[PDB]
Amino acid sequence: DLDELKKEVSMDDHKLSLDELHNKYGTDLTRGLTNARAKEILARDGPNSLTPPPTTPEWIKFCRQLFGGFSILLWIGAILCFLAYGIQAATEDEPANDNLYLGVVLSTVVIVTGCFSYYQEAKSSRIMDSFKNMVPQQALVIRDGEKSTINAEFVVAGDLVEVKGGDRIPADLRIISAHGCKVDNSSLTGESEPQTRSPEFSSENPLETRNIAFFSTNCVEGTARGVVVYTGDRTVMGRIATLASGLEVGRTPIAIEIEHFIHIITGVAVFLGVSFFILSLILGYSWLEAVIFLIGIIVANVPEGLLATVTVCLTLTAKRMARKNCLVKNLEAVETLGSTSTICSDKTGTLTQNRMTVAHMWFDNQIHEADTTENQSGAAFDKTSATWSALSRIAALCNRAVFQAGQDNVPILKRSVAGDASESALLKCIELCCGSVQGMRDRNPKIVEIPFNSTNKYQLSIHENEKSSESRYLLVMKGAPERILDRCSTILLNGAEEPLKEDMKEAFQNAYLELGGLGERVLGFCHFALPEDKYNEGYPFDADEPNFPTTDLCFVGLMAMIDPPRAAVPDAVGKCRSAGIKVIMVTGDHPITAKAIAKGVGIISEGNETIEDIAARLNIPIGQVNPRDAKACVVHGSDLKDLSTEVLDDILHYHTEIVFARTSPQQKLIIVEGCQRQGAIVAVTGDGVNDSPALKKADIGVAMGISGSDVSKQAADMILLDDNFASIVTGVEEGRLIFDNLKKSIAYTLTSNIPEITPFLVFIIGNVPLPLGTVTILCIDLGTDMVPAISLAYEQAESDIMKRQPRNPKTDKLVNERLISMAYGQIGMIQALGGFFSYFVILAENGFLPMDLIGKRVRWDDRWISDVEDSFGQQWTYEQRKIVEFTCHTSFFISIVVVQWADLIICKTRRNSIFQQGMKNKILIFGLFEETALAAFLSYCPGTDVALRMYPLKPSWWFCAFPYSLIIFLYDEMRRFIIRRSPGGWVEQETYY
Amino acid sequence: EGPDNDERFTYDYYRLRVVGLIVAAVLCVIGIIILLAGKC
Amino acid sequence: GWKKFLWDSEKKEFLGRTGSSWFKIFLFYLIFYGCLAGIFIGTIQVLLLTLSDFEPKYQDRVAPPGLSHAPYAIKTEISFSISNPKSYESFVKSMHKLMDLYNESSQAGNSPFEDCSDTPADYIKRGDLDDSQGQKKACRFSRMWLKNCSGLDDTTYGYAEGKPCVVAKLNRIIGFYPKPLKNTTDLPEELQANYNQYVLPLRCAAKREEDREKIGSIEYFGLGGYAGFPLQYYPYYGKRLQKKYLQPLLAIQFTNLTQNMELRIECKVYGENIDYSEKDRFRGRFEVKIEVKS
Ligand SMILES: *[C@@H]1O[C@H](CO[C@@H]2O[C@@H](C)[C@@H](O)[C@@H](O)[C@@H]2O)[C@@H](O[C@@H]2O[C@H](CO)[C@@H](O[C@@H]3O[C@H](CO[C@H]4O[C@H](CO)[C@@H](O)[C@H](O)[C@@H]4O)[C@@H](O)[C@H](O[C@H]4O[C@H](CO)[C@@H](O)[C@H](O)[C@@H]4O)[C@@H]3O)[C@H](O)[C@H]2NC(C)=O)[C@H](O)[C@H]1NC(C)=O
Ligand SMILES: CCCCCCCC/C=C\CCCCCCCC(=O)OC[C@H](COP(=O)(O)OCC[N+](C)(C)C)OC(=O)CCCCCCC/C=C\CCCCCCCC
Ligand SMILES: CCCCCCCC/C=C\CCCCCCCC(=O)OC[C@H](COP(=O)(O)OCC[N+](C)(C)C)OC(=O)CCCCCCC/C=C\CCCCCCCC
Ligand SMILES: CCCCCCCC/C=C\CCCCCCCC(=O)OC[C@H](COP(=O)(O)OCC[N+](C)(C)C)OC(=O)CCCCCCC/C=C\CCCCCCCC
Ligand SMILES: CCCCCCCC/C=C\CCCCCCCC(=O)OC[C@H](COP(=O)(O)OCC[N+](C)(C)C)OC(=O)CCCCCCC/C=C\CCCCCCCC
Ligand SMILES: CCCCCCCC/C=C\CCCCCCCC(=O)OC[C@H](COP(=O)(O)OCC[N+](C)(C)C)OC(=O)CCCCCCC/C=C\CCCCCCCC
Ligand SMILES: CCCCCCCC/C=C\CCCCCCCC(=O)OC[C@H](COP(=O)(O)OCC[N+](C)(C)C)OC(=O)CCCCCCC/C=C\CCCCCCCC
Ligand SMILES: CCCCCCCC/C=C\CCCCCCCC(=O)OC[C@H](COP(=O)(O)OCC[N+](C)(C)C)OC(=O)CCCCCCC/C=C\CCCCCCCC
Ligand SMILES: CCCCCCCC/C=C\CCCCCCCC(=O)OC[C@H](COP(=O)(O)OCC[N+](C)(C)C)OC(=O)CCCCCCC/C=C\CCCCCCCC
Ligand SMILES: *[C@@H]1O[C@H](CO)[C@@H](O[C@@H]2O[C@H](CO)[C@@H](O)[C@H](O)[C@H]2NC(C)=O)[C@H](O)[C@H]1NC(C)=O
Ligand SMILES: CC(C)CCC[C@@H](C)[C@H]1CC[C@H]2[C@@H]3CC=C4C[C@@H](O)CC[C@]4(C)[C@H]3CC[C@]12C
Ligand SMILES: CC(C)CCC[C@@H](C)[C@H]1CC[C@H]2[C@@H]3CC=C4C[C@@H](O)CC[C@]4(C)[C@H]3CC[C@]12C
Ligand SMILES: C[C@]12CC/C(=N\OCCN)C[C@@H]1C(=O)C[C@@H]1[C@@H]2CC[C@]2(C)C(=O)CC[C@@H]12
Ligand SMILES: [Mg+2]
Ligand SMILES: [Mg+2]
Ligand SMILES: [Mg+2]
C-alpha cells in the first residue's frame, strides 16, 4: 500500500483514440468481448467490487478500553499495592490486609470504567450499522454482440458497457458513443450541475474531460456506451478509499490535557516519596519499612474517583448532543468542537443543498425574489398581477417533466421529478404557488411541440386555450434570453401590452446582467395568441414548415435559478465567526459560482475585496496592485498544484477570508495539513468521498448524515443525522461549557487529597495514633464525593461563552499551577486542620490529652501491652484503645464531608459570587443531601463496627468541623471579589485557575 | 450516689442509633423530593 | 524549554519569576500559614479550658476492667527450657520490672503512705475528687505478702526448676468500686469456700476438658492468704489526686506442671460490675499458654 503513489494526483490514458484504446486493453467496439475471454479476465484480476474494511473484533476494543493513560496509572497503582503487601507478608508476621484491599479495589475501578466506556461506543456502532442499506446492482454488458445484465461484481476490463438515464456507472468507462448523456459528478469531483459526457476529448485533466465515466456516478439523462478502462479497487474512488483507510488517526486535545495532568500528579507523587524516604532513613527506620512508605505515599496521591468522574462528565454532554441529533462515535470527540479555531468546510452537499431552485424572476420591469429554503419559511413574491399568471402558464405548459408516480406523501420540494434540473425547478415552483400542475396541464391540451434544438436554441409548443369564451390557440416558447429577446416586439406590462422600445430593452439588459452576476442561470419566457382566423381550430400545425410566427411574440419575463444553501447555513457561519473561528472554504467547484455562494454564506464578508476585484474597479493590470490590501483571496486548484510550503503558510497568514476552489481531495488534505503546521485545531465539515482524506486528517471530522457518502461517513468522527448546520454552533458552545466544568470538578476532587495524606505524614514524623484509616479514605474517594463531582457538570455559564476568543493551546491549559495552589495549597490545608481538630477532640474527651499522644505509636500499636496509661492514669487494654482510634476515623471522615460542603459551594463558581449565579442547580443540592445521609448511614447502622469498623458518634462531635467550613466559604468569597474589582491583579494571575 | 454509682459508666447508644437513623432517613427523603420536584 | 524555564537572560528570570516575585509568594504563604496556625492554636486552647484535671468526662470505654499479668508473652505463651538459662530471661526481667515498684524503700513515712488492715477489709473513701484536701493517701502493699514469688528469695521466681509464677493485676479505674458476688444459692462451684465478702476472687482453670488432668495444683498467694483482691485498695483517685498509689496483686504458682506439652490456662475474676467479652480476651479474664519444655 504505497502511500506516496496514492498521494499523487490521478493520471490517465484519456488522451488517446478509440483504436488505441481497443488496442491497449483488447476489445471489439461493435461486438465486445467473448464470454470465455471475459471469464479469463474475471478470474485473472478480481471482481469489480471495493474491498471490505478491516474488521475490528470486540475483545480488541474491550481490551483497549481497559488501557489508556488514566487506567494505566490506576493499574500501576494496583501493582504497587500488591508489591507492598508481598513485602509485608514475607517480612513480618500478622501482616495487615489494607494494601490488598486497596489493590483489588483499584483493579475493579479500572474494569468498571472500561465496561461503561465500551458499552457506549458499542451503542453508537449499532445505531451506525442501521444505515448501510446495500441493494445489489446489475450492469448492462455487451458480449459476443448480445446485451446481457450481469451483477456489478462480474464486470471486467475490456467489455462493452451500455448505460441509460437512471442507472449507475459500474466501473471507470471510456465513452465510445453517446446520445445526449449527462452524469452527476457531485460525489467524486464536486460538480453541482450535470456535465454532458461526449466521446470526444476536451481537457488535459481526466476529471474535466467528457470521454470518461466514473465509479459511483449516475447517468441523469441519456444513454451511452463505453469500454471499461479501470475496474475494482484500482478505480479512482477505490484509490481514494484505500488512501483514507491508510491514514493515521492522531491524538485529540483532551487526551493531551489528561496526559499533562498525570505528568504533574506523578511529579509531586514521586517527589514526596523519595523525600520522605530519605527523612525516614535519617530518623532510624529500616530499609524494609522505608520501601513500604515510599509505595504508600506514591499511591495515596492518585485520584481514583477522578477516572469515573471524568468519564461520567464527558458522557453527560454527549446525551445533550444526542437529543438534538448530533451523534459522536468516540467519547472525547465531544470536546474538540469547542477547542476548534479554524473550520474548513465543503460547498457541495455541506454548505449548499445540491438541488436546483428558482431564485429570481423578472416581470413588470421589476426583479422579484422567491423563497429558496427547504422548509419554506420566508417571503412570498406578490402573486396578484396577471403577468405572473401568464408566466405560470408559460412555464407550467412548455415543460415536459412530471413528478414520479407515488410521491403523494413527500413535500413539494423533496419529491422525485423525472427530467432535466431546469424543468424540474420550474415545475416545483409552479406546483408550489400555483397548485397542481397536472390539472393545469390537462386544462390546456398540447397540440404540437418542437423539441429543443441545438440551432433554434429554444423550446416551443402550442396548446388549446381553456378560455370558454376564446377558442383560439396559445403558443409558448422558452429559451436563452438573448435569442428570445431577438424574437419579440411587445411586452406584457401589468397585464396590458406595450411596444419593445429601447427603454425596456435596456432595462432587460440590466436585468440580465443582474441575474447573471448573481451566479444564476436565466431563461426567457414568451407567448403569443395565434389568430384563429388564419389558423382555425381544425387546421393541424405539423412540425415541418413555418406554421408559427417566430418573431412578433410577446415576452413576459425572465426566470433565473440556482442551488440555494441550507436554512441555518448563514446564521451558523456567522455564529462561528463571532466565536473567533476562521471559516475557510475548500471546494472543487467552478470559482465563478464559489465566489457568489461565499458572498452569500458569510465566508467573504460583504465589502472585502480580492486582487482581481481591485484591478477591475481601477481598470489596471493585476500585477501592479499590492496583495496586502486584499483581505479575502480565491486560490485556484491549478495554481495550488505549483505552490511551496511557505507560500501556503503565507496564504493562511495574510488572508482572513480564504476560498480554495477547484481543489482535488489530495489538495484538500494538503490544506488541512497547512492549517495544522502552525498550531491551530481543525474541524472539516463534508459529505462526499472527496472529503474522506480531509475528514480523517482533520482534528475532527463532521460528516453529513442524509446527503453524505458511506466512505466519508465511516471515516468521520461526528455525524449529523439531520443534516442541520446550526449544530456546529451548538457544538462549539457545549465544548466550552463542559471544559470550564471539568476544571471545577478536578479542583474539587483534588482538594480532598491533602486531608487524606497529611495524617500519615504526621504519623511517621510525629508518632501519633493513625488519624485516617483505609476504609474511610475509600468511603470518601469512591463514595460521597462521586455525586457532587458529577453534579458540577450541570453548571450554567457565568458570562457569555459565545463571546470570548478561542483558548490558546500553547498557554491556557486545563490544569495549571494556579489550581494546585488552591486545592493542594489553601483549601485542602484548612480541611486537613479541621480533621485533626476533630481528632484531638475525640482523644481528649476520652482521656488522652494532646501532650501525651506524641511518642505513643510504639505502644499504642503493640498488640501485647494490655496496660497503656493515659493522661489521667487509667489503664487501657489493646482492643479498647483501638475502638477509640476507629471512632476517630469515623469522625475524621465526617469532618471531610462537612468541609466538602463549602468546597462544593466555592467550586460551583470560579469568578462570580454565589448571590449572583444562584443555587438553581438541583443536582448539587441533591448531592449535598445524599453526601450527608450516606455518612450518617455508615456510622449508625448496626454491624458496621464489625464489617467496616466505623463506630457511632456522640452528637457533640459532629459540630467540630463547622467553623472551618464557614471560614473556607468566607475566604473563597473574598477571593472571588478582588478578582472582579481588580482585573489583571495579583489574585488573578496567582489564584484564577 | 457513692457505691451504687453504676450510671456513671453507662451510655444509651441504642436510642442514639435510633435517632441518628430517623434523621438520616428524613434527609434522604427531602433529597429525593428536591430532585424530583419539577418533573411533575 | 529545559534550559529556558531554568534561566533566561533577557527578562532576568529564574524558574519563571524575577528576583522580586518569589518573595511575594513566600511572604503570602508565610502570613497565611501563620494565621492558620494561630487559629488552630486558639481553638485548641478553648478545648483545654473545657476539660477537668481530676476526672475523665467519659468513662464508658473502660467500664468492665481487664485482667493483665506480670510476664510479657508475645502470643500469650510462656515457653522455656529448664536447662538453658538464656530462655526465661525475658520473663524474669519483666516480672522484676513489675515487682520493683513495691519495694519497701519506696513506701516509707506517714506521707503519703498509710498502714492498712493486714486482713481484707472494706472500701475507704478519702473524700471527693477535689484539691481541697491535699494529696490523698494510699494503702501500703508489701512484697513479702506474695510468698514464693517475690524475687526476694529466689530472684528467678520459679522458672528455675519447672514451677513458674504469674502475678495477676486488675486494671486501675477511677472511682471504680469492686463488688463481689453474694452468698445466695446461685454462685459458681469454686467460690463457695472462703467467702470473705471483702475479697474479689480470682480463679484459674483449663480451657479444655482434657487439659484438666495435665494441670496440677494452682497455688494462689495474696493479701490474707486468699485468692483475690482486698476491697480496701479502692477506689483509685487518679494520678493527680493519688500519685504514689499501689494496686493489689495476686501471685499464681503453677506447681506440678506436665513436662513437654502446651497447656492452655484461663484465669477469671468473678463479680457484679465485672463482665466478659467474646471479642476482648483480656476483659475480666486472661489466657496463658504455658509449656515448660525440658
Ligand atoms: C528494689 O529492690 C531490688 C533488690 O533489693 C535487694 O534486696 C532488698 C530486699 C534489699 O535487701 C536491698 O538492699 C537489696 O539491694 C533492687 O535491685 C538490686 O540492686 C543491686 C544494686 O545494683 C543489685 O546488686 C548487683 O548485683 C549484680 C549481679 O546481679 C546478679 O543477680 C541479679 C538478680 O538478683 C541478675 O539480674 C544479674 O544479672 C546478676 O545475675 C552484681 O554484679 C553487682 O555488682 C555491683 O556491686 C558490687 C559490690 O557488691 C561492686 O563490686 C560492682 O562493681 C558493682 O557495682 C551488684 O551487686 C541487685 O542485683 C539488684 N537486685 C535484683 C533482684 O536485680 C532494686 O534496684 C530496687 N529498686 C528500687 C526502685 O528501689
Ligand atoms: C508532615 C508534613 C506534611 C507535608 C505535606 C506536604 C504536602 C504537599 C503539598 C503540595 C506539593 C507541592 C509540590 C510542588 C508543586 C509545584 C506545582 C508545579 O510544579 O506545577 C507545574 C508548573 C507548570 O505550570 P504551567 O503548565 O502553567 O506552566 C506553563 C509554562 N509555559 C506556558 C510558559 C510553558 O510548573 C511550575 O510552576 C514550575 C515549578 C516550580 C517549582 C517550585 C518548587 C517550590 C517547592 C518548595 C519550596 C520550599 C521553600 C521553603 C522555604 C521558603 C523560604 C522561607
Ligand atoms: C456555621 C455553619 C457553617 C456551614 C458552612 C457551609 C455552608 C454551606 C451550605 C449552605 C450555604 C448556603 C448559602 C446561601 C446562598 C443563598 C444565595 C441566594 O439565595 O441567592 C439568590 C439567588 C439569585 O436569584 P436571581 O436574582 O439570579 O434570580 C433571577 C430570576 N429571574 C431570572 C426569573 C429573574 O436565587 C436563587 O438562587 C434561586 C433560589 C435558590 C434558593 C436556594 C435555597 C437552598 C439553599 C441551601 C440548601 C441547603 C444545603 C444544606 C446542606 C446540608 C445537608 C444536611
Ligand atoms: C433510590 C434507591 C434508594 C435505595 C436506598 C437503599 C438504602 C439501604 C438502607 C439499609 C440497608 C443496609 C444494609 C442492612 C445491613 C443489616 C445488617 C444487620 O442487621 O446486622 C445485624 C447483625 C448484628 O448483630 P449483633 O448486634 O448481635 O452483633 C454483635 C457482634 N459482636 C457482639 C460480636 C460485636 O449483623 C451481624 O451480626 C453481621 C453484620 C453484617 C454486615 C452487613 C453490612 C453490609 C456492609 C457494607 C454494605 C454497605 C454499602 C453501602 C451501600 C449504600 C447504599 C446507598
Ligand atoms: C452509589 C453509592 C455507593 C456507596 C457505597 C460506599 C462505597 C464503599 C467503597 C469502598 C469500601 C469497600 C471496602 C471493602 C472492605 C472489606 C473489609 C474486609 O474484608 O475485612 C475483613 C474482615 C476481617 O476482619 P478481622 O481480621 O478484624 O476479623 C477478625 C475475626 N476474629 C478475630 C474473630 C477471628 O472480615 C469481615 O469484616 C467479615 C464481614 C465481611 C464484610 C464485607 C463488606 C463488603 C463491603 C462493601 C463491598 C461492596 C461495595 C460495592 C459498592 C461500590 C459502590 C460504588
Ligand atoms: C460569624 C459571622 C456570621 C456572619 C453571618 C452574616 C450573614 C450575612 C447574610 C447575608 C449577606 C448579605 C447578602 C449579600 C447580597 C449582595 C447582593 C449583591 O448585589 O451582591 C453583589 C456583590 C458583588 O459585586 P461586584 O462589584 O463584585 O460585582 C461584579 C459583577 N461583574 C463582574 C459582572 C462586574 O456581592 C458581594 O459583594 C458578595 C460578598 C459577600 C461576602 C460576605 C460573606 C458573608 C459570610 C456568610 C454569609 C452567611 C451564609 C451562610 C449561612 C451560615 C448559617 C450558619
Ligand atoms: C481555619 C482556617 C482559617 C483561614 C483564615 C485565612 C485568613 C488569611 C487571609 C489573607 C491573609 C493573606 C494576606 C497576604 C498579604 C500579603 C500579600 C502581598 O504582598 O500582596 C501584594 C499585592 C500588591 O501588589 P500589586 O498587585 O499591586 O502588584 C502587581 C504585581 N503583579 C503584576 C504580579 C500582580 O497585594 C494585593 O494585590 C492585595 C491582595 C491581598 C490578598 C487579599 C486576600 C484576602 C483573603 C482572605 C481574607 C478573609 C478572611 C476571612 C476570615 C473570616 C474568619 C471568620
Ligand atoms: C437552609 C438549609 C436548611 C437545612 C435544614 C436541614 C434539616 C435539619 C434536620 C434535622 C436537624 C434537627 C435535629 C434535632 C434532633 C434532636 C434529637 C435529640 O433529642 O437530640 C438530643 C441531643 C442531646 O444529646 P446529649 O449528648 O446531650 O444527650 C444524650 C443522652 N443519651 C445518649 C443518654 C440519650 O441534642 C442534639 O443532638 C442537638 C441536635 C442539633 C440541634 C440543631 C441545631 C440547628 C443549627 C442551626 C439552625 C439555626 C436556624 C435558625 C433559624 C433562622 C431562620 C431565618
Ligand atoms: C420514597 C420514600 C422513601 C422512604 C423510605 C423510608 C425508609 C425507612 C426509613 C427509616 C427506617 C428506620 C429504621 C430504624 C431501625 C432502628 C434499628 C436500631 O436502632 O438497631 C439498634 C440495635 C443495635 O444496638 P446495639 O446494642 O448492638 O448497639 C451497640 C452497643 N455496643 C456496641 C456498645 C455494645 O439493633 C438491633 O439489635 C437489631 C437490629 C436489626 C436490624 C435492623 C436493620 C436496620 C438497618 C437499616 C435500616 C435503616 C435505613 C434508613 C434509611 C437510610 C437511607 C440512607
Ligand atoms: C503431681 O503429678 C504427679 C504425676 O505426674 C503425681 O504423682 C504420680 O502419682 C501416681 C499415682 O496416682 C503414680 O503412679 C506416679 O508414679 C506419680 N508420679 C510422680 C512423678 O510422682 C503427683 O501425685 C502430683 N502431685 C500433686 C501435688 O498434684
Ligand atoms: C445549611 C446548614 C446551615 C445546615 C447545617 C445542618 C447540620 C447542623 C445538621 C446536618 C446533619 C445533622 C446531624 C444529623 C444526625 C444527627 C444524629 C443525632 O443522633 C443527633 C443530631 C445529629 C448529630 C444532627 C445534628 C445537626 C446536623 C449536623
Ligand atoms: C485571626 C487570627 C490572625 C488571630 C490569631 C490569634 C493568635 C495569635 C492567638 C489566638 C489564641 C492565642 C493563644 C491563647 C492562649 C494562650 C495560652 C498562654 O498561656 C500563652 C499564649 C497563648 C498560646 C495564646 C497565643 C496567641 C494566640 C494563639
Ligand atoms: C497509605 C495507605 C494506602 C493509601 C492510602 N490512601 O489511598 C487512597 C488513594 N487516593 C492511605 C492509606 C493509609 O493512610 C494507611 C496506610 C495505607 C498503606 C498501608 C499502610 C501504610 C500500612 O501498612 C499502615 C498504614 C497503611
Ligand atoms: Mg460535497
Ligand atoms: Mg479523526
Ligand atoms: Mg483520595
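Numbered from 1 within each chain, the chains take letters A, B, ... in sequence-line order. When a ligand or atom number is given, it counts from 1 through the structure's own listing order. Atom set for the values below is all heavy atoms of this structure, side chains included, hydrogens, waters and symmetry mates excluded.
- The drug at ligand 13 is istaroxime.
- Among all chains, the one with more heavy-atom contacts to istaroxime than any other is, according to the PDB entry, Sodium/potassium-transporting ATPase subunit alpha.
- Other chains near istaroxime (heavy atoms under 4.0 Å), by letter: A.
- Structurally, no covalent attachment point of istaroxime is modeled.
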